[PDB]
There are 2 protein chains.
Amino acid sequence: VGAXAXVXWXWXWXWX
Amino acid sequence: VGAXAXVXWXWXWXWX
């Protein structure tokens with residue numbers, strides 16, 4: 001269903 | 001900034 005795998009791009013929210 | 005590396009969990013939106 002839908003596209004790709006999961007929800008988002010990467011992990012969490014931000015960088016650090 | 002924030003926490004982690006990216007946004008959410010994975011790559012995209014679903015399970016294609």
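Proteins come first, then strands; the chains are lettered A, B, ... in the order of their sequence lines, and each starts at number 1. Non-standard residues are represented by the parent amino acid or X, and atoms in excess of the parent are not counted as contacts.
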> What's the drug at chain A?
Replying inline: gramicidin D
> Which name has the entry assigned to chain A?
Replying inline: gramicidin D
